[PDB]
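Here the structure is laid out as C-alpha cells; the discussion comes afterwards.
Proteins come first, then strands; the chains are lettered A, B, ... in the order of their sequence lines, and each starts at number 1. Atoms considered below: every heavy atom in the structure, side chains included; atoms not considered: hydrogens, waters and symmetry mates. Header lists the method as X-ray crystallography, 2.8 Å. Note that ligands are numbered from 1 as they come in the structure, with each ligand's atoms numbered from 1 the same way.
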Amino acid sequence: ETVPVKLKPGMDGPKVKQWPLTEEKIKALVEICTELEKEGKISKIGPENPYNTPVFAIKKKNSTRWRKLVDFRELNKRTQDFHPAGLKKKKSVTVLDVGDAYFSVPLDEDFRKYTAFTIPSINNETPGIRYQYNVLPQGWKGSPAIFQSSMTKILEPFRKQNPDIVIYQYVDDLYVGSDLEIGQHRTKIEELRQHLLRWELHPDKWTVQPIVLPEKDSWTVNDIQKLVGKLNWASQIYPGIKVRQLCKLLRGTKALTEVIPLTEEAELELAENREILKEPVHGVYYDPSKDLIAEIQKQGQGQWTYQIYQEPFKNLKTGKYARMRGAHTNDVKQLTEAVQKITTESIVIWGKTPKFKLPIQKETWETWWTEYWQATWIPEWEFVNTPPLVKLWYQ
Amino acid sequence: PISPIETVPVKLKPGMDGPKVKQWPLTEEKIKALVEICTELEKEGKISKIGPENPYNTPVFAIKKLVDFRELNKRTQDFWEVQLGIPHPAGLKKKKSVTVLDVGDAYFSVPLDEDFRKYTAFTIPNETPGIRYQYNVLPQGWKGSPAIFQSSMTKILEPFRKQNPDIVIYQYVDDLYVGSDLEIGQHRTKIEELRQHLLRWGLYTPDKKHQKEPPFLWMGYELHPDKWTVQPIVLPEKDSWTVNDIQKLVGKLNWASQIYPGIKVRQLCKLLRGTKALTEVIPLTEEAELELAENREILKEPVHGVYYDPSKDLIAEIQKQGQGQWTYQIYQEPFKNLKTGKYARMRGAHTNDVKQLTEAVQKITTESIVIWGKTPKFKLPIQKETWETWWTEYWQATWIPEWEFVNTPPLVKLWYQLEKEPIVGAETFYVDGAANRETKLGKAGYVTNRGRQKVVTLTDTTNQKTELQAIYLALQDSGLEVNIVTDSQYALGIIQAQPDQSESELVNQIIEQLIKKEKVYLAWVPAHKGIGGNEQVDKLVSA
Ligand SMILES: Cc1ccnc2c1NC(=O)c1cccnc1N2C1CC1
C-alpha cells in the first residue's frame, strides 16, 4: 500500500532542463539505470510525460564506484508538507547513508510522472533516455517522511538500548551522536551498521570566532587608518566600540607612511575595544520561522571565511576553512567542499540547510561544481560580488 | 501505410474540452476536391466517418487540403520537448559510408491515440448534412504529432540498434542518417534490411535507387563520411545595395568569421548608421568596397577538416585578437582542426583580460563537453606566473582546467598593479566627492600633505561619478608615484579589481592614468568621521 502524495495547490511538475554531462558520467548512468530498470525501481517513459529533473553522477570518495544523483530541489519546493538539541552538543557525530531504504518502498502511481528525468547523449547523437521512479526516490523530501514509520521501528532497538546517544535523520543521511570516547563511539556505530544491514564530526568545536585587532610596535598613518575602518565597521555589531581618540591622531594632511606614536588615551580606547571584542554579541537567537543564511568570502591562499546568520550583523556562527592534506589549487573544488562542510553543520545544529551566497560567477560554478559534490542533498544558492570591506574584516 | 505501433496515450489540458467551431461556406469546387481527397484517406484508413456523438469540429480548407487545429492544439496537453540540440560536425566520428533514408509520410502513417481521435472531428460543406470524419492517425500540423512520431520511431529502431551496434543512426525530423564501418555491399544491404524493418511497421522509406546522395549539407557544412568541407560561400555582386541587403551580407560574413580567419565588417556595418528604412539604399563607401572585395578573396579558399577520433586527445588553443576578442581552434593533430570559432568582446561593465580569457576558456569547456563529453587540454597565451599572480589575489573563485603556456603573442597580461603598502616618499592625495541627489550638482576635489589642492564643480553628475572623478584628478595632478585615499567603497572596489576595460569613459580615463603611473597605492577610510585629511576635503566638497 502506497500513501497518496500531491503537489501544493495549483502547482505543476518540474520541467527543468537537463545539463550536458561527461562521457564518463553518462555511461555510469545507463549502467546504473538499466540495473534499476531490471529491478523495476524505475521504468522508461513516454513522450506524453512533459516533466523533467536534472540528474548527474558523483562518488562520495568513500568509494570509487559511481552514484546517481537527482536534483529534486525544484520538486521538493513544489511538494506538499506533512530535531534534537542533543547532537548539537555531543562529543562526536557520524553520518550514515541510508538512501537505500527508500528503494524498498513503492511510489503512488499518480505521482510518479513528476519524478521524470533524462540521461543525455553526446553531441545529441541520440535522444536522451527517459525514466520515471516506481519506488521512493532518494533526495526527495517526501521519501524520508513516508519511510518514517518503517524507520522508527528499525531504530527503536538501538534507540532505548543506547539512550546515551542521539540519532537524527535528514533525507538520505543519518546523524548519530554520542559522548563515548572514540573507541566505543566507532564500535557502537559499526554495531549499528550491522543492525541496519540486518534489515567524523565534533559539534562543540564550532563557535563564533573572535575578531582580533592587530598589534604593532610602531603605527603609521596608514596603519591607524586601516584600524579605524575595521573598528568603525565593527561598531555595527558592538555599539560600545569607540574610535575617537584614534581619529584624533590622524587629523591633518599627513603622509601615509609617517609614523605616529599613540597618545595614552588612544592606547586606552584601543585596549578598551580589544576587551569588548572578547565575546560574541548578546541577544543572538535562532529564529525557526526565518531562513538560515550562509555567506562566504574568498580570503585567498586557500582560505575561506563564512558566516551563518538570519539577520544582518547578528551572526549565529562564523568560521574559516583552510585546505588540509591534498594539493588543491582549484578554487571551485574548495568552494564546493566549503559549502558542503557548512551545510553539514547547519543540519547538525539546526537541522536545516542554509541559503548560500557565493563569491563566484554563475557560469563557472555551473560548469564544474557537480564535479566535486559528494552529498545526497543540494542546498539553495545565489551568486555575488564580495565587498572588499566584509573581507578585510573576517580576514 | 498505417503503423501497428502502440499509440501514445494523449489527453487535454486539465479540465478543458474539445474544439467546437463551425464552418459555413466554400465553393462548389473547393467542396468537390475535399470530398474526393477525403474519400481517399477514408479508404486508406487515415480517416473515418463519425456521427451520433461528436460535438467537436474544425474549419476545413482547400488550397491550390488543410485543417487548422490551432484551437485543438491550445487545448492539448504539453508533451516532452523535441529538443533543439543538434549534432555538430566536429562531434561526428568517421564512417565508411552513410545513407539517408527519407521517411516523409512519417507522421501521417502513425496511429493516433484511439481515445483522443474523437476530438479530431471535422466537417465538409447547401443542403442538409455535409461530410464528417475524424482523424485516425497523427494529423499534419497537430501539437503532439512531432513528439509522438519520434518516440515511435525510436521504439521501432531500438531492437535493430541493439542487433547492429556497429551501426549509427541519427533521427532528424523526416530523415535517417545511418552510417557504419562495413564494406560497401554489407552496408547497402543493412540499409535494405533497415528499410524492410521500417516498412515492416507501416513506415515507408525510399529504396537505394531514390535516397539522396553524399555529401550531405548540414547546418553550414558539406559532409562526407570521412571528412567535411565548409560548403563555400558567395557574396552577391551588386550595383545598388539596400539596408536589408547590407544586413544579410553582415550576417553571412559574420557566420564566416567563425571558420574564416581575417573576415571583417567594420566599414560595412558603418553603412547602417542613420538608416530610415530597410528598403533604403546606401552608397557603398570606397572603404566598404575595399573590405567587401577583400572578404570575397578570403572566401575563395576552401577549408575542410576531419571528425573526432575518440582514441586521441583534444587540444584547444586561444589567441587574443583585439581587446576582448578571441579566436580558438580545436584539433587532435597540429593544423588538422576539428572546429574553430571566435568570440566577440563581451562589452560589459569593468573587467580585464585575465578575467575575459577565463570566460573564453569557460565557454569553450562547456561547448566541448556538449560535443565530445570531454574537456580539451588548453594552450593559453598567458604566462603561468601571470595566472598565479592574478588568481591567488582575485576576490572571486576562479579556475582554468589543465593547460599550458604557448608563447604566441600578443599575450594576456596585467596592465598595472596596485601597491600592497603605501609608497615611501610619494605625495598623498586625500580625495573626496559628493553630489546632491535631488539636483545632481556636485563637487569633487582633493588636498595633499604637500600642501597642494584643487576642487571642481559639476553638473548632472551623480555621487559615484564624483568620487571616481576625484580619483581621476588625483591621478592627473600627481606624477609618477601616488598614494590616494578615498572614502568611496564603490571606487575602491572597482579599482581594487584592477580593471583594464570599461564602458564608462571616466573609468577608462582612470585606467589609462593607472597604466601611466609608476607606483600607485589606493587606500580607503570611512567617510564622514573625524578621520584625517578626509574631514578636510569633506568640508570643501559640501552642500
Ligand atoms: C547529420 C548527421 C547527424 C549525426 N550523425 C551523422 C550525420 N550525417 C552524416 O552524414 C555523417 C557524416 C560523418 C559521420 N557521421 C555522420 N552521421 C552518423 C549517423 C551516421
What is the name of the drug located at ligand 1? nevirapine
Look up in the PDB entry the name of the chain making most contacts with nevirapine. HIV-1 reverse transcriptase
Counting only non-hydrogen atoms strictly under 4.0 Å, which other chains reach nevirapine? B
Report the organism recorded for chain B in the deposit. Human immunodeficiency virus 1
